[PDB]
Asks: 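Handing you this structure, nothing more for now.
In this chain, residues are counted from 1 in sequence order. Just so you know, ligand 1 is whichever comes first in the structure, and atom 1 is the first atom listed for that ligand. Only heavy atoms go into these numbers, but all of them, side chains included; no hydrogens, no water, no symmetry mates.
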Amino acid sequence: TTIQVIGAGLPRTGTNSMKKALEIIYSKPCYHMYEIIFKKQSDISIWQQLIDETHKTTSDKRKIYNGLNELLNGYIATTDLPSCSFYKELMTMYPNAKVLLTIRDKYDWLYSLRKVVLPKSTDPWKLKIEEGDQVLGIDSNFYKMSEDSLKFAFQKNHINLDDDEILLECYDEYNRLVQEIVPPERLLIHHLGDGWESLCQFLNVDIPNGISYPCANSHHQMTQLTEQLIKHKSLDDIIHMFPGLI
Ligand SMILES: Nc1ncnc2c1ncn2[C@@H]1O[C@H](COP(=O)(O)O)[C@@H](OP(=O)(O)O)[C@H]1O
Ligand SMILES: CC(C)NC[C@H]1CCc2cc(CO)c([N+](=O)[O-])cc2N1
């Protein structure tokens, strides 16, 4: 198994649905942030060392390639952070892998990000996310790795993440840079709601007969998940309420 598709889209642009869509097409697993959170939290420290390596004055690219290969062993595709921040490196390791850029309205994206991924430091909901994540075993190590991977994607060392305006422009610039960096034939821009048609054509497969395009991971469902984790203090006791998520 080798990487066939590199998902460059940022969190909250439909990466989980694209993960599930690629798993349907290929019948093999696709990486995602939820693979880390719910299945392999030991990957956190690996991603952290890879991101740190990029910050050095002289970066060892083969250390980065080796780490990515270990992390993605057994996977047919990647989506979401932290992997999307390494799309240039994954394109080079896998020159025949195609690139998908999931994209959506920038203002819908910011709202979704503030609800699930990156609340402002002054938002009291931030404390609820953290309390729910604690039930899952997620701690400060994860938040540092995830934040560092977002900053790496945005190619900034210092960033005021509480500034909505700076996030909007980093979002536009990132999506613009992907389309500049990736050769046109090697890239599909998949807008939210685009469904099977353009994706299957791009990947040279047929549209899955009788299987609807996934619609997973809404901020409404994530808000409920956080609340049920806080209430019941157990993922196992609540997962029956969240089918088709993890
Ligand atoms: N098939 C689909 N059609 C429309 N929106 C979708 C979708 N699949 C996922 N989404 C939206 O994409 C966002 C999740 O993206 P990601 O998996 O990268 O975190 C959610 O947005 P909202 O938070 O606005 O509901 C979710 O509703
Ligand atoms: C899945 C839910 C329950 N856990 C919340 C996670 C959700 C995943 C997540 C992702 C990032 C970056 O992609 C950051 N971040 O910007 O530090 C935080 C988080 N928090």
Asks: Quick check: what drug is at ligand 2?
Replies: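 It's listed as oxamniquine.
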Asks: What is the name in the PDB entry of the chain with the largest share of contacts to oxamniquine?
Replies: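 By most contacts, it's Sulfotransferase.
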Asks: Provide the binding site of oxamniquine at 4.0 Å, counting non-hydrogen atoms only.
Replies: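 With non-hydrogen atoms counted, the site is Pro11, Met33, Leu81, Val116, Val117, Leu118, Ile129, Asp133, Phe142, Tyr143, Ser146, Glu147.
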Asks: Where is the nearest protein heavy atom to atom 7 (C) of oxamniquine: which residue, which atom, and how far?
Replies: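 The answer is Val116 O, 4.1 Å.
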Asks: What is the nearest protein non-hydrogen atom to atom 15 (N) of oxamniquine, stated with its residue, atom name and distance?
Replies: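 Residue, atom and distance for the closest contact: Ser146 OG, 3.3 Å.
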Asks: Quick one: nearest non-hydrogen protein atom to atom 3 (C) of oxamniquine, plus distance?
Replies: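 Looking at atom 3 (C) of oxamniquine, the protein heavy atom closest to it is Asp133 OD1, 3.3 Å.
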Asks: Counting from 1, what oxamniquine atoms have a heavy atom of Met33 closer than 4.0 Å?
Replies: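 So the atoms of oxamniquine that pass are 10 (C), 13 (O).
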Asks: What protein heavy atom sits nearest atom 19 (C) of oxamniquine, and how far off is it?
Replies: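 Closest protein heavy atom to atom 19 (C) of oxamniquine: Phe142 CE2, 3.6 Å.
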Asks: Which residue and atom, if any, anchor oxamniquine through a covalent bond?
Replies: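 The covalent attachment is absent.
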Asks: Output the list of atoms in oxamniquine that are nearer than 4.0 Å to some heavy atom of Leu118, sorted by atom number.
Replies: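 Answer for oxamniquine: 16 (O).
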Asks: Looking only at protein heavy atoms, which one is nearest to atom 18 (C) of oxamniquine, and how far off is it?
Replies: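 Among all protein heavy atoms, the one nearest atom 18 (C) of oxamniquine is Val117 O, 3.3 Å.
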Asks: What atoms of oxamniquine come closer than 4.0 angstrom to any heavy atom of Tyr143?
Replies: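 Those atoms are 17 (O).
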Asks: Mind listing the N or O contacts between oxamniquine and protein, cut-off under 3.5 Å?
Replies:
from	atom 1	to	atom 2	distance (Å)
oxamniquine	4 (N)	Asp133	OD1	2.5
oxamniquine	15 (N)	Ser146	OG	3.3
oxamniquine	17 (O)	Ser146	OG	2.6

